[PDB]
Structure formats: structure tokens, C-alpha cells
Visitor: 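Below is a deposited model of Estrogen receptor with lasofoxifene as ligand.
A, B, C, ... go to the sequence lines in the order they are written. So for chain A, numbering is the PDB entry's, and the shown residues are 306-551, in order. The residues of chain B that appear here are 306-551 by the PDB entry count, in order. For ligands, and for the atoms within them, numbers begin at 1 and follow the listed sequence. Quick check of the header: X-ray crystallography, 2.0 Å.
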Protein chains: 2
Amino acid sequence: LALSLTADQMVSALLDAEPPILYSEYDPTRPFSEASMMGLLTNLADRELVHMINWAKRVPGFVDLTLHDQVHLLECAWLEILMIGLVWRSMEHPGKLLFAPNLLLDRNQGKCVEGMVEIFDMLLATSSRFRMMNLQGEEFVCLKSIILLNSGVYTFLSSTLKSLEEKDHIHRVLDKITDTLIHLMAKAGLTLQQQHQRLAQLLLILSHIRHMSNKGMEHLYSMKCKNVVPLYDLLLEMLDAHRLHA
Amino acid sequence: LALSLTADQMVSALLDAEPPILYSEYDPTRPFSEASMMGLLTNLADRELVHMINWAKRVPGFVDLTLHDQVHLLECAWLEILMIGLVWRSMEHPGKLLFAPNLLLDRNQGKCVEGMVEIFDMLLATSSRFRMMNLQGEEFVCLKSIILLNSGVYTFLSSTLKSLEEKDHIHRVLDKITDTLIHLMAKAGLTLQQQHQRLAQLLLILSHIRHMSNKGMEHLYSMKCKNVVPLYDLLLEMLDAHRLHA
Ligand SMILES: Oc1ccc2c(c1)CC[C@H](c1ccccc1)[C@@H]2c1ccc(OCCN2CCCC2)cc1
Ligand SMILES: Oc1ccc2c(c1)CC[C@H](c1ccccc1)[C@@H]2c1ccc(OCCN2CCCC2)cc1
């Protein structure tokens, strides 16, 4: 039961749920001139999405939702989630984006079309902002979970009784995550004022993350495959697990 | 001095700053068939922007910024600000959007191209959400001010000393607005837990507002004039006031 966790248990569950850090797939003994940067990043992102499913299923309360609802939330959120992870791992790399341990790019490497130089700079500024806030790992996992639960919660196109229950559940969990962030902050010695202030600062950054995702989606839709499985459909298949591998 | 206001003085200043509610301009004795819905809404939005300048100049701390910074924040925020106002005035109109007192549209009226039916539904859901939260007028003016100050704050493309001071000032004001929201909430009788929870719920809605603005921008850019003054430029002229009308 997600609504029964204590703050410590919420944090411990998020921390234990973290996905791995993957590597970009390229021949390191090959000229950099030769790689397609978008190809690299597309390959990486696509591998990260499988692990994002496994992560999401471990976010307390997520699998209490309907399959359809779980797909919708991921369909709305996945790009924000890739981005907040990128920005987290880039904190200790001022001026650079740590896409993977073997793929650290500066803004000059974002310029090869099109494109990214816009998104690049925005991602770097957000990384800068987290650096300046001394964002902690325990706060980061709360925020990534909040994105998962929140990004899609006002675009469910139903007001069925089931859909009211789904939303109410999501709002309860999100409330629990707010309580957890506040707890982390009191435990770190912050005054109540600084607690409310820092909570607000962190949530306000999620709106820049939304922006960045929308801008990035604009680029990705402007380059979309034709006779392909819709994302909803890829998401649904990865989420719609059997229990034969128990 | 904005940083010296009490919570009561912040609220009183925001409340006193509210823009007027304008009317759509059309011949009411003329078939509805004949109006261009986008034409109506474009005309209205453009009139509202002048008043948004006057509003913004009254948001404590805003005119302490540089002219360039004030233009940037408005350039990033203006569509979110029109939208949050729309959603506020639509609360008491379930299923309808109160663009103006003489222009209340349901989702079926959003369908005449293209387009809006997407944006329409999103705006209605946000209105629904505020209704369900019993959003208060005093909270609404805090949130609209937060959008003004926050939407553009991580896309200033400078790290000059002046630009560090600008950002620090913005963050201080935003902090003051957080304190004010918390104050409103304690004064309304909410427990501390409910205070943190409600603060987080309200700020999380700002990310849906960002989304909606981005989607709406996508539509507006897909219909842009050629030999026209850039928005930055229109904004700069309206903001770059003389003091000859004292
Ligand atoms: O950790 C990460 C790995 C890769 C990335 C990011 C984080 C941040 C956004 C990047 C981006 C750059 C330019 C334009 C848009 C986004 C890029 C990235 C590249 C490609 C992506 O998408 C490819 C399409 N793919 C098919 C279904 C799932 C997505 C996603 C993200
Ligand atoms: O209270 C309001 C008045 C009008 C509106 C809104 C709020 C919410 C967004 C609406 C919208 C509908 C469809 C697509 C996009 C947005 C529309 C609106 C229409 C047109 C707009 O922009 C016209 C361009 N104009 C030139 C410089 C300033 C903007 C803005 C908003």
C-alpha cells in the first residue's frame, strides 16, 4: 500500500527503484566526425525507456492504476523524465551535458544541426540551477516521481467513476511525495520558511522541464517514422506484462 | 521596496493590480456563422496584452528589473498569463470557456478548425481542477505573478554580474510570493500539512499551464505575419515608457 508508507519508506522505495546509467553505443576506435549525434542520442533514449518502465512500476502507487492510465502518464511524461535524469547527472559537469559516461557534450557539440543548440542551452541552465540549489539525490527521485504522476493527470479524457478514482489516487500519492520532500528538508535542518521556499523552487523547475520536453517533442515529431507502432502502443506492450517470469 | 512587503501588503498589491475584464468586439446583431472565431480571440488577446503590461509593472519587484529582462519575462510568459486568467474566469462555467462576458464557448464551438479542440479541452480541465480546489482570488493573483517571474528566469542567455543580480532578485520575490501563499493558507485555517500539500498542488498546475501555452504557441507560429514587428519589439515599446503623462 503506497498510501501507508512513511516518508523514510517513500524515499527508500524511490532510491531502490532508480534505473541504471547506460552507455552510448559506438565504436570508440572510430572518428567522431562519423557518428550521427541524433542517432547516438536516439539510440540511448530508446534503451533508457525500457528501464523507465521498470522504474515506473516501482514508483509506489503507480501500478495501482489501470494499464491505460499507466500508459497515458508515461506517454505524457517520458521526455521530461529523460531530461531530468540528464540534468541530474550533468550537475558536476559545468557547461556540459552528460548524456552517458562515454558521451559528454558541450554546447558547441549541440550545434551540428538543428535544433538542439536551443534545447541544449535550456538543459544546461536547468543543470546549473540544480547545482546552485545543491539538489540532493533524495529530492531528485521525489521530483522525477512527481513528473511521472503529474504530467498526464489533467489530460485524462474521461470523467467516469473509475477515472475519478484514478485521479484521486494520483493526487493522494503526489500529496505523500510532497510530505516526503518537506520531511527530507526538515531533516536537513531547514527552517519551516526555508522548507516552503525550497519546495516551491523545486516544483517551479518542473515547469521549465515541461517546456524543454515540449520543445524537444517539436523536434522529434518533425522527424517521425510512418509505418511504425504508435508510442502509446510501444508503451502499452512494455507495460502489459505477463507474470510467467516469476 | 518589494522585498519589504508583508504578506498582507503583497496580496493587497496584487489584488489592486488586477487588469480589467474586456469584451470581445463584434456586432451582436449579426449571425454567429459570420464571425471568425480565431479573429475574435486574436483581437481580444491583443487588447488584453496592453493591460498585461500595466498589470506587470505593478507586480512588486518587476520594475526593479532591467527593461530587457522585463521584456524577456513577458515574452516567455504572456500566453500562460492569458490562459490562467481565462481558466480563472471560467471556473463558474462548467464545460465552458469564458473568453469574455459576451463570448462563452463550449467545446463544440472549439471545433471550427483546427486546432483549439485540443487546447480547449486542456483549458477546461484546468478550470475544472481549480473549481475542485476551490481556488481563491488571493491565491490566483499569487500564481499569475509567479508565472510572470518564473517562466523566463532560466532562459536569460547571460551570466554577467548584472544578470546574476537580476536572477537573484527574481528568486527573492518569488520566495516572498511563496511565503504569502502559505500565509493565506494558514489564515484560511489549513493545517501545516495541508498548507504544503496545497502549495504543491497549485504549483504543479503551473506546469500544465506551461504545456498549454506551448501547444498554443505551436498553433500561433503556424499562422505568423511576415513583415511585422517581432513580439519582443512590441513588448519593448509598450514597456519602454516615458514619464511625460505624470
Ligand atoms: O537521457 C537522454 C537521452 C537522450 C536525450 C535526452 C536525454 C534529452 C533530450 C535529447 C533530445 C535532443 C534533441 C531533440 C530532442 C531531444 C535526447 C533525446 C533524443 C532522442 C529522443 O527520442 C527519439 C525517439 N524515441 C522513440 C520512442 C522513444 C523516443 C529522446 C531524447
Ligand atoms: O484571454 C484569452 C484570449 C484569447 C485566448 C486565450 C485567452 C487562451 C488561448 C487562446 C488560443 C486559441 C487557439 C490557439 C492559441 C491560443 C486565445 C488566443 C488567441 C490568439 C492569441 O494570439 C494572437 C497573436 N497575438 C499577437 C501578439 C500577441 C498575441 C492568443 C491567445
Visitor: List the other chains with a heavy atom under 4.0 Å from lasofoxifene (ligand 1).
Guide: A
Visitor: Okay, next thing: residues with a heavy atom within 4.0 Å of lasofoxifene (ligand 1) - which are they?
Guide: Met343(A), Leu346(A), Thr347(A), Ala350(A), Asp351(A), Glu353(A), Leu354(A), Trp383(A), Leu384(A), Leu387(A), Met388(A), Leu391(A), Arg394(A), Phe404(A), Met421(A), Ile424(A), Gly521(A), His524(A), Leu525(A)
Visitor: Is there a polar contact, in the sense of an N or O pair closer than 3.5 Å, between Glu353(A) and lasofoxifene (ligand 1)?
Guide: yes
Visitor: At what distance is the nearest protein heavy atom to atom 30 (C) of lasofoxifene (ligand 1), and which residue and atom is it?
Guide: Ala350(A) CB, 3.5 Å
Visitor: Please indicate whether any nitrogen or oxygen in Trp383(A) is less than 3.5 Å from any nitrogen or oxygen in lasofoxifene (ligand 1).
Guide: no
Visitor: Who's the nearest protein heavy-atom neighbour of atom 26 (C) of lasofoxifene (ligand 1), and how far?
Guide: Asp351(A) OD1, 3.2 Å
Visitor: What source organism is recorded in the PDB entry for chain A?
Guide: Homo sapiens
Visitor: Please state which protein non-hydrogen atom is closest to atom 8 (C) of lasofoxifene (ligand 1) and give its distance, to 0.1 Å?
Guide: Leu391(A) CD2, 3.7 Å
Visitor: Please name the UniProt domain of chain A carrying most of the interface with lasofoxifene (ligand 1).
Guide: NR LBD
Visitor: Checking heavy atoms only, which UniProt-annotated 17beta-estradiol-binding residues of chain A fall inside 4.0 Å of lasofoxifene (ligand 1)?
Guide: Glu353(A), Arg394(A), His524(A)
Visitor: Return the residue, atom name and 0.1 Å-rounded distance of the protein heavy atom closest to atom 13 (C) of lasofoxifene (ligand 1).
Guide: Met421(A) CG, 3.3 Å
Visitor: Which heavy atom of the protein is the closest neighbour of atom 17 (C) of lasofoxifene (ligand 1), given with residue, atom name and distance?
Guide: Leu346(A) CB, 4.2 Å
Visitor: Is the closest protein non-hydrogen atom to atom 11 (C) of lasofoxifene (ligand 1) under 4.0 Å?
Guide: no
Visitor: Which N or O atoms of lasofoxifene (ligand 1) sit under 3.5 Å from a protein N or O, and how far apart is each pair?
Guide:
from	atom 1	to	atom 2	distance (Å)
lasofoxifene (ligand 1)	1 (O)	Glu353(A)	OE1	3.3
lasofoxifene (ligand 1)	1 (O)	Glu353(A)	OE2	2.5
lasofoxifene (ligand 1)	1 (O)	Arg394(A)	NH2	3.0
lasofoxifene (ligand 1)	25 (N)	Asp351(A)	OD1	2.7

